Amino acid sequence: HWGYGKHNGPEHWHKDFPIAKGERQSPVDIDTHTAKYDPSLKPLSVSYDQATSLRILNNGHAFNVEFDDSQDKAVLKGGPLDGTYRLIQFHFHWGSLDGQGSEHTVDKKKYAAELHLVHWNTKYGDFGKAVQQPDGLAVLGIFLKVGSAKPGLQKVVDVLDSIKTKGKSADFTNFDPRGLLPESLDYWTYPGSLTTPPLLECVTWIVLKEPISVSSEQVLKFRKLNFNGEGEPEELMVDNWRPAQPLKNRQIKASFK
Ligand SMILES: CCN[C@H]1C[C@H](C)S(=O)(=O)c2sc(S(N)(=O)=O)cc21
Ligand SMILES: [Zn+2]
């Protein structure tokens, strides 16, 4: 049904998912002069040393790396969060050219891509219950800019050939997501939504100020993936990002001066 083409892309989504026009939709533009420093915000606590990755999957919209979230192995706490959030998957959004691809923007600046590390609030017992709650998910968003290669991304890049088309998956164990983080954990935060259907308004967004660098050759390999299934006409997976939505009655808070 929905996708990112001319006839089923973001401008059409509201017809099947009316919450598309809701009050806390993502992504948004981060105006750095209007964001408010909030000294009551705690530092982020990212505890990923015991992460267990299982599988990488092309789902027709992006590729997801999935984790075992049956226990508190890889968790996100602190920051604006109350309680413990478990890592369940990560994925990227990216562009057909280096000057677009991110979902969030900073002072209208687009980055080449954006990484989303998706976590769910354990107080709700399973992921399906969590997405129905206003504080059910926490997504950590990290910008990618093109420059020097990120060594810790290369294992992801090398496996992409094996999941070229929709519905394909491959074993992907022992991947350490700490290799994807920037040096600093300074962030902006605001309450928002999933950026794809079903567009539920269940996310605390935590967007890191410092981007990571990837090489042009790395991001080029993302662009060789396919939206379509095997045996269907080829449609390159590029520009799988939703444009910025109105901020409405929300304030973006910063953890840093
Ligand atoms: C293709 C659907 N993806 C949806 C439904 C998945 C079940 S999810 O894990 O809730 C999730 S997280 C995001 S994002 N872009 O806001 O981080 C989109 C989605
Ligand atoms: Zn995403």
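Here chain A follows the PDB entry, giving residues 4-125, 127-261 in order. All ligand and atom numbering here is 1-based and tracks the order in the structure. Atom set for the values below is all heavy atoms of this structure, side chains included, hydrogens, waters and symmetry mates excluded.
The name given to the drug at ligand 1 is dorzolamide. Lab note: main contact partner of dorzolamide (name per UniProt) = Carbonic anhydrase 2. Besides dorzolamide, ligands or ions with an atom closer than 4.0 Å to that drug are found; these are ligand 2 (zinc ion). Short version: no covalent link from dorzolamide to a chain.
Looking at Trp5, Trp245, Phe131, it is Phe131 that brings a heavy atom closest to atom 7 (C) of dorzolamide. UniProt domain boundaries put most chain A contacts with dorzolamide inside Alpha-carbonic anhydrase. Heavy-atom distances show that, of the substrate-binding residues UniProt gives for chain A, the following lie under 4.0 Å from dorzolamide: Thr199, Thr200.
Result for chain A and dorzolamide: the nearest UniProt active-site residue and heavy-atom distance (1 Å) are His64, 4 Å. For dorzolamide and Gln92, the ligand atoms under 4.0 Å from any heavy atom of the residue are 9 (O). Dorzolamide places these atoms under 4.0 Å from at least one heavy atom of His96: 15 (N).
Remark: distances from the non-hydrogen atoms of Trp123 to dorzolamide are all 4.0 Å or more. Using a 4.0 Å heavy-atom cutoff, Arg246 is absent from the residues neighbouring dorzolamide. If you look at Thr199 next to dorzolamide, the close heavy atoms, those under 4.0 Å, come from the backbone and the side chain alike.
For atom 2 (C) of dorzolamide, the nearest protein heavy atom is under 4.0 Å away.
According to UniProt's Zn(2+)-binding annotation of chain A, the residues with a heavy atom under 4.0 Å from dorzolamide are as follows: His94, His96, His119. The nearest protein atom to atom 11 (C) of dorzolamide, hydrogens excluded, is given as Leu198 CD2, 3.8 Å; this is a heavy-atom distance. Considering backbone and side-chain N/O atoms, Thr200 comes within less than 3.5 Å of an N/O atom of dorzolamide. According to the entry, the source organism of chain A is Homo sapiens.
At a heavy-atom cut-off of 4.0 Å, the residues contacting dorzolamide are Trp5, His64, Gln92, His94, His96, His119, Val121, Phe131, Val143, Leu198, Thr199, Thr200, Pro201, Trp209.
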